[PDB]
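Next up: a structure with pentostatin.
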Amino acid sequence: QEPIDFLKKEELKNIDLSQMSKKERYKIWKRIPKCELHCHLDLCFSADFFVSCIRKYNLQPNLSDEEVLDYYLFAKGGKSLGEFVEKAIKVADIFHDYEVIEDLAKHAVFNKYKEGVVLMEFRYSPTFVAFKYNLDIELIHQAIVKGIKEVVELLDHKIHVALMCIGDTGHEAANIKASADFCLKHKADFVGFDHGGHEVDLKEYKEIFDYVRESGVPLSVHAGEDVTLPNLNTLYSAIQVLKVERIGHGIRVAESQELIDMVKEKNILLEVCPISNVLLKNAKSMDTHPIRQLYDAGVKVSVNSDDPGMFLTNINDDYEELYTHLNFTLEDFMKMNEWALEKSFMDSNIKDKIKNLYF
Ligand SMILES: OC[C@H]1O[C@@H](n2cnc3c2N=CNC[C@H]3O)C[C@@H]1O
Ligand SMILES: [Zn+2]
């Protein structure tokens, strides 16, 4: 046996969630064999870990643990994706050296294991990690790959972890072209390519994305998240120009039947991040989060944590929110995790292994 007795499809009907306290519900969420596709490793940490980094490098000697969390992180939320990014830029204070990056990666993988994630596609931005202390992106990648490997080996491969590379916008020394080049140079370690930060129309980088995609690295980019944009052009470009297999967030697809139809017919999956959307004010509330209408419309969706570090949450919190506020069932969650598995960028023989073991 292993620490977590994962739920089987047959057992789901015997579990009455309505009887359970929040504490007892989280024991059930933990036992869901989760496939997570959208989580930023470089912003994936616990409160305790973050504060330890701040103390290690004596960054905020005049602030208490709690003041440090309020100063740097996004647990209470904010106004926008713009405000989220400026706060992420502050968090880059911890990227002091390659030792802390390895430790970050190690703890990130281990916590996902503890939470009951069986398939983990992590993503990180080389330029985002490098800029604050002018680090070497080759050495950053080395530290990350090493940290993941060491923990995965310790855990006897009971969690399967893959990496995506993020080109991004909205921080100093950001470079999409260079990020794409780095991704292809390290194609053996990267299973996909993403764009994050500020949400922009990626039509203007058609050539860079064509080149990455056509080289055999599938695309999943952030689009249809930011509700402050005056139209849905970013989604049309993501789908029709970038030819993405998956969309980060994509919650604004719900505002257009045309996009709903296109996404369904192209077998595109939306990587929904419930808590993230609410905290960035991209959903008005969890009660009115678009995932419910998207799910009912027949669009493929999966549940993701996005940034455990920024929000001081974990993947099981997102499951809790969908159950409590939007009446999602264990059967829904199993279905969505199976979609996530089907749409994952991991090697298919690994995916077949995970399917036989849990689904
Ligand atoms: O991995 C770090 C990079 O990714 C961005 N990033 C991190 N989390 C998100 C990001 N981007 C867009 N929207 C909210 C959420 O999905 C920040 C940085 O550039
Ligand atoms: Zn994201």
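Residue numbers count from 1 along this sequence. What's counted below: heavy atoms across the whole structure, side chains too, no hydrogens, waters or symmetry copies. As the structure lists them, so they are numbered: ligands from 1, and atoms in each ligand from 1.
One finds pentostatin in this model at ligand 1.
The chain forming the most contacts with pentostatin (ligand 1) in this entry appears in the PDB entry as adenosine deaminase. Residue-to-ligand polar distances place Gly197 within reach of pentostatin (ligand 1): an N/O pair is separated by less than 3.5 Å.
Among the ligands and ions shown, the others lying under 4.0 Å from pentostatin (ligand 1) are ligand 2 (zinc ion). If you number the atoms of pentostatin (ligand 1) from 1 as listed, the ones under 4.0 Å from a heavy atom of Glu225 come out as 12 (C), 13 (N), 14 (C). Pentostatin (ligand 1) lies within reach of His38, whose nearest heavy atom is under 4.0 Å from it.
Pentostatin (ligand 1) has no N or O atom lying under 3.5 Å from any N or O atom of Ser276, backbone or side chain.
In this deposit, the organism assigned to chain A is Plasmodium vivax.
Contact annotation: for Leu81 versus pentostatin (ligand 1), heavy atoms closer than 4.0 Å belong to the side chain alone. Judged by heavy-atom distance, the UniProt purine D-ribonucleoside-binding residues in chain A that approach pentostatin (ligand 1) within 4.0 Å amount to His40, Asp42, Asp168, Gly197, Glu225, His249, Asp306. Of the heavy atoms in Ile166, only side-chain atoms (C-beta onward) come closer than 4.0 Å to pentostatin (ligand 1).
Residue list (UniProt Zn(2+)-binding, chain A, heavy atom under 4.0 Å from pentostatin (ligand 1)): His38, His40, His222, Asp306. As deposited, the model links pentostatin (ligand 1) by no covalent bond to any chain.
At least one heavy atom of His249 sits under 4.0 Å from some atom of pentostatin (ligand 1). Remark: pentostatin (ligand 1) and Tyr124 share no N or O pair separated by less than 3.5 Å (distance only, no angle test). Protein heavy atom at the shortest distance from atom 15 (C) of pentostatin (ligand 1) is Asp306 OD2, 3.1 Å. Here the protein heavy atom with the shortest distance to atom 3 (C) of pentostatin (ligand 1) is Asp168 OD2, 3.8 Å. Looking from atom 6 (N) of pentostatin (ligand 1) to the surrounding protein, the closest heavy atom is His40 CE1, 3.3 Å. Interface atoms of pentostatin (ligand 1) facing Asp42, defined by a heavy-atom separation under 4.0 Å, are 1 (O), 2 (C).
Applying a heavy-atom cut-off of 4.0 Å to pentostatin (ligand 1) picks out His38, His40, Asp42, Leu43, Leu81, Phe84, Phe128, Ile166, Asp168, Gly197, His222, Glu225, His249, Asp306, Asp307.
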What are the distances between nitrogen or oxygen atoms of pentostatin (ligand 1) and protein nitrogen or oxygen atoms, counting only those under 3.5 Å?
residue	atom	partner	partner atom	Å
pentostatin (ligand 1)	1 (O)	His40	ND1	2.7
pentostatin (ligand 1)	1 (O)	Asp42	OD1	2.6
pentostatin (ligand 1)	1 (O)	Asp42	OD2	3.2
pentostatin (ligand 1)	4 (O)	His40	ND1	3.1
pentostatin (ligand 1)	8 (N)	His40	NE2	3.4
pentostatin (ligand 1)	8 (N)	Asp307	OD1	2.9
pentostatin (ligand 1)	8 (N)	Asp307	OD2	2.8
pentostatin (ligand 1)	11 (N)	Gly197	N	3.2
pentostatin (ligand 1)	13 (N)	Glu225	OE1	3.0
pentostatin (ligand 1)	13 (N)	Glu225	OE2	3.4
pentostatin (ligand 1)	16 (O)	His222	NE2	2.9
pentostatin (ligand 1)	16 (O)	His249	NE2	2.9
pentostatin (ligand 1)	16 (O)	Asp306	OD1	2.8
pentostatin (ligand 1)	16 (O)	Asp306	OD2	2.9
pentostatin (ligand 1)	19 (O)	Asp168	OD2	2.7

